[PDB]
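Note sheet for the following structure.
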4 protein chains.
Amino acid sequence: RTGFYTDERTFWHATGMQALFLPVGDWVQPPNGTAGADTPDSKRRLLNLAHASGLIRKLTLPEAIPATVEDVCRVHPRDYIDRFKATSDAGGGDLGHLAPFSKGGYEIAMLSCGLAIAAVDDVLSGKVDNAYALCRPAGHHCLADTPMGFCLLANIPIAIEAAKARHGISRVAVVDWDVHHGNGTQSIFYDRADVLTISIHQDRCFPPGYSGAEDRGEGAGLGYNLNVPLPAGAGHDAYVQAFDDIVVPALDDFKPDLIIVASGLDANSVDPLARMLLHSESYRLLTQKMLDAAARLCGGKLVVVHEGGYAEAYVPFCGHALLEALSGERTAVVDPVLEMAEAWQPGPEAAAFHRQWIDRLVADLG
Amino acid sequence: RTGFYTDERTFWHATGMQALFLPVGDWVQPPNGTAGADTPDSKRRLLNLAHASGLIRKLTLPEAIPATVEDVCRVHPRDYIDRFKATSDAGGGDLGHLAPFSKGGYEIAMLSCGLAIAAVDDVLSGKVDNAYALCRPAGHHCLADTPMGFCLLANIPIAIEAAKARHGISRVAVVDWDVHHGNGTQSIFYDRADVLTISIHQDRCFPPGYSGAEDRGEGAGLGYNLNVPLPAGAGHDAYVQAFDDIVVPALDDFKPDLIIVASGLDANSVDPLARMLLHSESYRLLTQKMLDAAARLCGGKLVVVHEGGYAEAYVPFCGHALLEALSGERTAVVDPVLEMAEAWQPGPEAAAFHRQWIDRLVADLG
Amino acid sequence: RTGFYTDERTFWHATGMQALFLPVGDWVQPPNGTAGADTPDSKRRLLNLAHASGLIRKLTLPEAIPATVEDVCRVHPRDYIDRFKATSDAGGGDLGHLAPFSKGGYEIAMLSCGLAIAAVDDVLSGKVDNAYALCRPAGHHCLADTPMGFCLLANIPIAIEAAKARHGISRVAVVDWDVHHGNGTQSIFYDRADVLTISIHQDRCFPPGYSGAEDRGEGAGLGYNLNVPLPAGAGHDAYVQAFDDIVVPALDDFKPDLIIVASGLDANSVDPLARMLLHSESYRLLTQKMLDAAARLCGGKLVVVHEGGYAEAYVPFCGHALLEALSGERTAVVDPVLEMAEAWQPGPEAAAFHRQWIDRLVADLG
Amino acid sequence: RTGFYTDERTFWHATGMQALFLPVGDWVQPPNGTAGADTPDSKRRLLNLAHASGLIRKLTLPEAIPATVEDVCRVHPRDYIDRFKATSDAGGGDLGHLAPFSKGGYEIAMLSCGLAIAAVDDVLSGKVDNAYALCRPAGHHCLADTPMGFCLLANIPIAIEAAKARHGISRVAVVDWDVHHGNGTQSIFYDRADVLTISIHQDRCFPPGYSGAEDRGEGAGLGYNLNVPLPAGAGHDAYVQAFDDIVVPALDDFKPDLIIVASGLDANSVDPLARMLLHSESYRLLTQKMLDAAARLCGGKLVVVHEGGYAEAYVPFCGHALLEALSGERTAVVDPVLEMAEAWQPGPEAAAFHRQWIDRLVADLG
Ligand SMILES: O=C(CCCCCCC(=O)Nc1ccccc1)NO
Ligand SMILES: O=C(CCCCCCC(=O)Nc1ccccc1)NO
Ligand SMILES: CCCCCCCC(=O)O
Ligand SMILES: CCCCCCCC(=O)O
Ligand SMILES: [K+]
Ligand SMILES: [K+]
Ligand SMILES: [K+]
Ligand SMILES: [K+]
Ligand SMILES: [Zn+2]
Ligand SMILES: [Zn+2]
Ligand SMILES: [Zn+2]
Ligand SMILES: [Zn+2]
């Protein structure tokens, strides 16, 4: 059984008047359509398609339980949380780097975080075999005291520290396949060996200029952070090989008691915020690889937490195939972009380059 | 002096109710924002920024002259033009492959085509040194009998045939740096040596699966078509080397009497419809290379014709830098994405791959 | 217990590329925002608010069962249904007057109709005490052979004829407070005494020019149709008096076995498609009058069926107060427009005119 | 010769993240389409249609020159101007009641104001016979120290005080047919006899609850302010009579040297922000009454200044007929809503009430 953790009010968070990610003003003309990049529909349309296909009726949807302040302050200093609340009450703002929010965004962020907490809690309790948390706002860029890149709270780290306090879990692996670097997760556990943090991301995209393969942790955490930068334009076969040659072997060696996927859908082939070429069947297969790892390593315990994804028209098909895999349910959904996205895939010269790139990352892991 | 060819009604063309490029229906939910991918604002926002900067007041803007049926039938069979008009009167439709239009789309396509005809005409007659035509709908995928990929009339080929009839021009080169393959231009002049057709495009993107480096023309046109596919994820340095090592030498060898650029802006770093990493200063520099080529080979005679470009927030900055180069004008516009897009650029390993790719294209040309 | 009948796919119906209700083309520029007037969000935002307030958790939400062909053919000729299905399969169209739809609109209309059928069926069988059907597309303008005014099937009449076939109910009253005339309901039952059809509507609005107070039925149906036109600019007190002096006495005289409210929310104070001045507490009060009537006349059997409503920002508050009344529940929702809409209400001179108007309608009823 | 005063950057002002006029947060869900009520397109679409019809080519369009600090401080205290600029430099805000703006909103307000200043200046200097200023943001609610109701500077009063300085003009009449009360204009000149301020508006609409027929000025201004409240639901014949029986006689008695119309188009039949029933031919006729008055009283000197208007689909046709009248030009534009709006007009009983209402206003004027 699969739990699906969602709440209407996560779709009411609004980043404000931006054209894509550009703040209005100076030379940036206001948009005439939907404002922003992290739009409500770039996440709701996934849920909409899961309703329309009949898939949601196969899942269990618990009522949302917001994070408490005690929950979030296992990661964040209370001063940040207090300033967040005060700014949110006053009409919204931005307390970090590219992390805007509107009035009431504090309550919505606390709610979104609670979806991740409860998804992990219910999987560890045996209430469901696995779970999907449709978080919005996302979490994986948020530092302990600095929100960034549309992330206002560290959703997954907070869910992990709650699981440690409630269940005493020893080892957790986070597999971050959102197309951007999970710098928040990396930072929060950088000197710890009990959380393996893996990030696969477009080389140099966000944070801009960052690659990170050499950043493997510090102190007790040395060897427990793993960055897999991939070149812009990499597609299905590049991601499959990175998972076969790097990600899955890392999980096997670490022996986690729980696997958490930070699942952004923005490596899809038409996303504006990156340059990758994944399609809906890429996400099905990557999910199947994680289902296999969780079955082999930690009794099936697998939690998928929504992060990025900005192509409103194509994110739903990528997320829906993921959910079909997670739940083991077949529906009648047909991805109308798949044939073209398969034709888009890199040819042999690019494929050789991607294979050589991943071989080098493996060799450098020693 | 730069002429700028535009008309309000080009922004009234509407592709219909699609989510991005996906027709609504079946599993595709209707969009709540702007419908379509070729949206009015993905072109109008370029014009808006050039007004706001003061650039437009330095250009000359002739009143638009629509193409006549006689003009367009120098390329298209009258039967296609007649069916286009009848379908447009009847409420719109799609007479080709991914070329939808609404009621009245026939008249707007004829108007758009007339912007290209007149821009070429005015440069050849000496009224302006160079020109930019803000065509919408675009033209470079349209075959003689089949519209395709948002292109309903073969804008540049029709403008070329009109210039041959009115001015007797002998040799024309078309430099197509829209991110997609200019298959319409290639097809229409494929057996002809009087028009050199060059397309730089994302490998396998649109038409899907097509690369085309070996397709060099046929009969008298053998050696007068030149495809430069580039891998997904290529950016500024790759395009610059492609122009220095392939495009500009091809122009030098051909000795054109007029250079026409098919300028789509969809190779920009955040376009949803391709995977490339150009930024606004890429377009400025590529335009300077074309201005230099025209100055050396054909008395400065250079026409730039708008094609694709789908990132509403970033296309304006790319086109504005292009227009500053074309006109030689300075404004106070600053691209707020430029620093980040510079950081996004491919690192050393990908750069070596791009150089190996272009070196192979050069070697294959003999 | 209140049943709430909704299905995700009702929000996927799309009227097409119109600016408000105006088809694109000729002098109508395409919209840059949401296309259309009957937008998905003009109905979904009511459901969104009911989720956010916690009210949906207090209701029972049965799974949708679409109308069958047998159901809809109790009202519509099979030829209409077949041409609708064939046009829908082929990409959508408009088979009547201002009733456009997209590919697959047939199945969505059959589903929307099933919400009304099930709401009536479940109230008559005692599964719920009363019910709300969030129909989209709406039904009350649809004639037996002709769709019109955004209405593709005659939702309420189909649900009535189904109820007669499955429960043998003798007398049904329809109270239509959508701001436009329920010409479809009026036509379908015009010569019948077993369905009392009451419409309160803005004088001359839609169908344009129609008032209708003298159209009281024909044959056996003479005295069983009741039109209550109200002048543009009428508000809360005018509607309340119309219900106290005309609508409720007609219900009392008729002795229905079931009351169905055709509930459009477009008499609200900021609707673009009418000129009325109702606010959220108007809808609470009018709903309470129908609850009281149903308690007194037919054992509490009350069904409310969504029709029109076009102000996306204010329809939610009006419908939410209606749902609070229907379910007898209170939430923390506060209407932020209420104070201003109360200040907007007609003053003493206009109020005297409205009383004079309603008194004339009463006197004419003999 | 008609001057048309417009600048691209007036369409870049953005009120922010509101659903219609409701700020997001608490119970107001963010919009998925265009944010706000005063949207860019609610004004630009009028300009767009005037381009498409060919009418703009018949007008003279001078380059905009913004208001100076000296210009605006003839009306506003320097402290307000300084706080406006500081807030705008720092990201936007709202310094009054329902007057939000974005970053750089100060420069755009100064530019908008300069359009009105120049339109008045050029008519008085004889450069054009009459003029239309497409102001955005609007002006007529702004008080000397408090912005209000989407108005950030007192556009028309600033233009008048500039005309007194530059031309020494003695008497100006302002005729405000925006559907809301021109409380800014009324307040600024309330004790002055050299400016006659007339406002026709929906009774009690905005400012909410205000009617004002008894507020006729104070001191030297007693008799030089004239409020004409009209009931909600009034249409063409009611406005025509108000102008024949009240407005034009007031102009004839006052003997102005210049007539300025504060032209909001929000009395149109489908505006969300009022309940009136004007159509495009109403605005043509009211403009002709003002042209006739200016020719009779002040040598043709007539300036029309855009204020409100929120129906994006219908405002263009209303303003376009206004511009045809003002310029004395005919185009091929046909209003596709006209026939329906004519059928919507009040019937005989409502028409008698409107006539009695206006007779009463006249009687109270003594
Ligand atoms: O040159 C061009 C044309 C770009 C076309 C982009 C590809 C869109 C496409 O192929 N869409 C589609 C695919 C399958 C089914 C429906 C639509 N734009 O600048
Ligand atoms: O002249 C004008 C101003 C119209 C302003 C109408 C806005 C309505 C309003 O005041 N709304 C509101 C009230 C309280 C809280 C939030 C919004 N427009 O043309
Ligand atoms: C490209 C500029 C901003 C990108 C933010 C990325 C957030 C995410 O991880 O989805
Ligand atoms: C053009 C104004 C009215 C159009 C049809 C409205 C249908 C309804 O909601 O009843
Ligand atoms: K990642
Ligand atoms: K190309
Ligand atoms: K009605
Ligand atoms: K007014
Ligand atoms: Zn991301
Ligand atoms: Zn293209
Ligand atoms: Zn209605
Ligand atoms: Zn107004």
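Letters A, B, ... label the chains, following the sequence lines from first to last. The residue numbers of chain A are those assigned by the PDB entry, with the residues present covering 3-368 sequentially. Numbering of chain B is taken from the PDB entry, so the residues present carry the numbers 3-368, in order. The numbers used for chain C are those of the PDB entry, and the residues that appear cover 3-368, in sequence. Following the PDB entry, chain D residues are numbered 3-368, in order. The way this entry was determined, per its header, is X-ray crystallography, 1.8 Å. Atoms considered below: every heavy atom in the structure, side chains included; atoms not considered: hydrogens, waters and symmetry mates. One-based numbering, in listed order, for ligands and for the atoms of each.
- Going by the PDB entry, the chain with the most contacts to ligand 1 here is Dimethoate hydrolase.
- From the options pyrimethamine, vorinostat, clonixin, the one located at ligand 1 is vorinostat.
- Those other chains that come under 4.0 Å from vorinostat (ligand 1), heavy atoms only, are A, B.
- If you look at B/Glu309 next to vorinostat (ligand 1), there are no close heavy atoms at all, none under 4.0 Å.
- Protein heavy atom at the shortest distance from atom 16 (C) of vorinostat (ligand 1) is B/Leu100 CD2, 3.7 Å.
- Taking every non-hydrogen atom of B/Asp180 and a distance limit under 4.0 Å, the qualifying atoms of vorinostat (ligand 1) come out as 1 (O), 19 (O).
- Atom 6 (C) of vorinostat (ligand 1) has as its closest protein heavy atom B/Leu275 CD1, 3.8 Å.
- Nearest protein neighbour of atom 12 (C) of vorinostat (ligand 1), counting heavy atoms only, is B/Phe23 CD1, 3.2 Å.
- Within the structure, vorinostat (ligand 1) has B/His142 among the residues with a heavy atom less than 4.0 angstrom away.
- At a 4.0 Å heavy-atom cut-off, vorinostat (ligand 1) does not touch B/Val181 at all.
- For B/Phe208, every heavy-atom contact with vorinostat (ligand 1) shorter than 4.0 Å involves the side chain, none the backbone.
- Ligand-side atoms of vorinostat (ligand 1) in range of B/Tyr312: 2 (C), 3 (C), 4 (C), 18 (N), 19 (O), range being under 4.0 angstrom from any heavy atom.
- Using 4.0 Å as the cut-off, the other ligands and ions neighbouring vorinostat (ligand 1) are ligand 10 (zinc ion).
- Protein heavy atom closest to atom 1 (O) of vorinostat (ligand 1), with residue, atom name and distance, is B/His143 NE2, 2.4 Å.
- Residue B/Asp268 has at least one heavy-atom neighbour below 4.0 Å for each of these atoms of vorinostat (ligand 1): 18 (N), 19 (O).
- The single protein non-hydrogen atom nearest to atom 14 (C) of vorinostat (ligand 1) is A/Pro338 O, 4.2 Å, given as residue, atom name and distance.
- Some N or O of B/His182 is nearer than 3.5 Å to an N or O of vorinostat (ligand 1), by distance alone.
- At a heavy-atom distance under 4.0 Å, no atom of B/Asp40 approaches vorinostat (ligand 1).
- According to the PDB, the organism given as the origin of chain B is Rhizorhabdus wittichii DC-6.
- Binding site of vorinostat (ligand 1) at 4.0 Å, heavy atoms: A/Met342, B/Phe23, B/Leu100, B/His142, B/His143, B/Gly151, B/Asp180, B/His182, B/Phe208, B/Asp268, B/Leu275, B/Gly310, B/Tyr312.
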